[PDB]
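Input: a single structure, listed below in structure tokens.
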2 protein chains.
Amino acid sequence: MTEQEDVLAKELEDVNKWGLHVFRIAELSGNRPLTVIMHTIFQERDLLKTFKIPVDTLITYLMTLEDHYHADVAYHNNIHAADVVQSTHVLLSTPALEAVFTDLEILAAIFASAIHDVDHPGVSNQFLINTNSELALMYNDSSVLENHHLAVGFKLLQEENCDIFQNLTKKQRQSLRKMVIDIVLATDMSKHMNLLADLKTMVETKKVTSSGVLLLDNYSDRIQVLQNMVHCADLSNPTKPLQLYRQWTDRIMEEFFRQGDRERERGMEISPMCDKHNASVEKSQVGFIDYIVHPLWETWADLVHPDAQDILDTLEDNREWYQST
Amino acid sequence: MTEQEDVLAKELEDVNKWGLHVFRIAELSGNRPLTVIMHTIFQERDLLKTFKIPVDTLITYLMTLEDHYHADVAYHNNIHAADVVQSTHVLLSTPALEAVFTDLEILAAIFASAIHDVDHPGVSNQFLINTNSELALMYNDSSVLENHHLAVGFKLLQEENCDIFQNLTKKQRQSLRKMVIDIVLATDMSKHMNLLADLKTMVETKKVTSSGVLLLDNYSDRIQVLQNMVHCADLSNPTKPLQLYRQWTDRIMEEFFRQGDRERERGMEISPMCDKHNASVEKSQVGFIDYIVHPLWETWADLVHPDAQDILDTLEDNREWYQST
Ligand SMILES: COc1ccc(Cc2nccc3cc(OC)c(OC)cc23)cc1OC
Ligand SMILES: COc1ccc(Cc2nccc3cc(OC)c(OC)cc23)cc1OC
Ligand SMILES: [Mg+2]
Ligand SMILES: [Mg+2]
Ligand SMILES: [Zn+2]
Ligand SMILES: [Zn+2]
């Protein structure tokens with residue numbers, strides 16, 4: 001009813017490609033991008049049958065997960081969530097990683113992406129520490145939000161008909177949890193430097209087949225790749241078509257400025273990039289690429305050579321655009 | 001009223017010596033050893049005046065802290081708490097560490113010792129993980145209890161007239177919290193191997209004055225010593241006079257067997273040393289000394305040479321006693 005009419009279905013076909021219009025999907029789905037993109041990817045990778053997950057349990061979980069993301073939060077919301085999911089899903093399919101990961105590992109990274117920012121208040125760990133918040137007390141000033149994201153994402157499974165893992169062996173369920181925790185905790189931005197250093201080391205001693213597919217025998221190497229993958233997905237805004245990048249930039253500044261406002265009314269030191277009266281959005285983005293995003297993606301490109309070549313070029317293009325204006 | 005009459009005051013004079021009868025103090029204080037030993041040490045080190053802490057706030061906090069330890073728990077209770085406090089307090093006074101630590105650092109280690117096991121349910125992290133408990137969900141299967149001890153110990157400050165840190169500069173309060181967190185998290189037994197390795201390295205590159213006092217210029221080295229100190233205090237039962245050691249052994253077995261019971265009724269793999277039908281208390285203690293306690297204390301003795309010589313001899317004596325019976 002008909003084919004050109006349900007535009008949602010039509011847009012959901014670009015799910016396998018880097019540059020999917022996630023905002024369009026957000027709008028057409030009724031501010032429910034995370035649910036529809038998850039279910040598409042789950043069907044696309046057959047995961048419902050592979051792990052005997054009923055569809056009406058999957059739906060019920062995703063609905064509640066999506067609810068527990070905050071709609072009124074500019075950047076760290078359900079859209080960004082769906083963005084990172086979809087981005088992970090694409091990176092899971094680059095040539096150099098074919099058949100490398102098991103269904104369970106794949107499942108872990110997607111689920112990890114799905115929950116990785118849930119219940120985000122729209123302020124940084126440091127703000128939660130400095131304001132002596134409930135959560136920073138709860139988690140002793142270390143990976144405060146990342147810990148809370150995992151707690152929320154996992155607890156929601158206990159909700160009325162929400163256990164998407166119900167029909168898994170304890171061995172699987174325990175392995176999955178181990179992996180999901182390891183990934184989400186790596187999304188903490190204060191770990192970025194170690195992750196990158198670790199990823200650089202892995203590039204030097206990488207093992208590839210005649211085809212050019214990566215050899216990762218041990219869990220230790222595999223989980224590290226997944227950690228970096230979702231971290232890259234988390235920092236992928238500047239690698240998307242400029243049209244999307246600029247909207248992601250608008251949302252991150254609106255959220256940053258909201259924090260800096262609260263920091264101002266409390267008489268605290270205003271956090272970098274949070275002062276709207278000392279703003280330089282464009283120069284900030286150039287810096288963000290030059291010291292965070294580009295060094296990361298260049299190292300990711302080395303690992304999957306040369307699958308991330310288009311991604312890397314787009315980045316250096318967008319870098320030049322923000323340098324120009 | 002009189003001097004030989006208040007036996008509590010008389011026993012509280014042995015506070016500065018290794019081998020204080022903590023059980024006697026527990027009984028004479030009305031099952032309130034932690035409060036009375038803390039207040040003695042605080043007065044002994046003048047800390048109330050040095051940090052402008054009012055006495056009736058100190059009392060009110062210690063009362064509530066002591067309450068939040070579980071009396072019905074055989075080993076991980078308020079007595080063990082007071083034991084570890086008192087043991088830390090003694091180790092803080094060995095020749096080789098004179099004037100090494102600041103009042104704030106000293107305060108941190110004692111407070112750390114005081115709270116390090118609060119609200120302990122009497123089961124291990126692993127049990128809390130394997131039973132999918134609230135806390136393991138809350139803290140994502142890593143340092144579960146240690147995290148919870150810190151949370152509880154710190155939250156109780158917010159209670160009606162309990163803020164013992166009220167009259168501290170933000171700079172101090174923030175430094176203290178940083179230190180207290182670092183210490184308590186090191187009490188996690190799964191970290192033992194790293195702590196020991198780290199301590200061994202520190203022994204090799206140790207710097208001492210002509211007097212024979214340790215030189216620790218940076219925070220990095222200082223906090224590491226405090227971490228090991230409280231960890232040693234936590235594993236000091238076998239270094240005490242046999243009279244006390246054997247009671248600590250009775251309490252740890254009663255608690256272990258209570259867990260193994262619960263594990264049995266749930267149909268789980270019974271944890272090492274928790275099966276009362278496959279028990280070998282004496283042989284277990286010999287092993288505990290040979291692979292955990294002695295390797296740790298030998299390394300601690302090297303660091304403070306030769307201050308821990310009596311401690312080390314007593315250990316090897318008690319080792320021989322459990323080997324004999
Ligand atoms: C490790 O370095 C950082 C990493 C992340 C941030 C904050 C942040 N988090 C997630 C997505 C972001 C996305 C951004 O641009 C779209 C951005 O602009 C600088 C900051 C972002 C700040 C950082 O400090 C410069
Ligand atoms: C790192 O190794 C361990 C450390 C601690 C434990 C459990 C434990 N915790 C605190 C105090 C203890 C005190 C004990 O003896 C009094 C004891 O007996 C083996 C076990 C104890 C078990 C361990 O496994 C063998
Ligand atoms: Mg995050
Ligand atoms: Mg403990
Ligand atoms: Zn994110
Ligand atoms: Zn303890």
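Letters go in sequence order (proteins before strands), and every chain restarts at 1. Excluded from the calculations below are hydrogen atoms, water molecules and symmetry mates; all remaining heavy atoms, backbone and side chain alike, are included. When a ligand or atom number is given, it counts from 1 through the structure's own listing order.
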**OP:** Write down the drug found at ligand 1.
**Re:** papaverine
Original post:
If you rank chains by how many heavy-atom contacts each makes with papaverine (ligand 1), which has the most, and what name does UniProt give it?
Top reply: 3',5'-cyclic-AMP phosphodiesterase 4D
Subject >> Chains in contact with papaverine (ligand 1) (heavy atoms under 4.0 Å) >> reply: A
**OP:** Specify which UniProt 3',5'-cyclic AMP-site residues in chain A come within 4.0 Å of papaverine (ligand 1), measured from their heavy atoms.
**Re:** A:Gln285, A:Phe288
Original post:
What UniProt active-site residue in chain A has a heavy atom closest to any heavy atom of papaverine (ligand 1), and what is that distance to 1 Å?
Top reply: A:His76, 4 Å
Original post:
Which residues that bind AMP according to UniProt in chain A have at least one heavy atom within 4.0 Å of papaverine (ligand 1)?
Top reply: A:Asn237, A:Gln285, A:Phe288
Original post:
UniProt domain of chain A most involved in contacts with papaverine (ligand 1)?
Top reply: PDEase
Subject >> Site residues for papaverine (ligand 1), heavy atoms under 4.0 Å >> reply: A:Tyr75, A:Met189, A:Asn237, A:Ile252, A:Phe256, A:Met273, A:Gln285, A:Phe288, A:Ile292
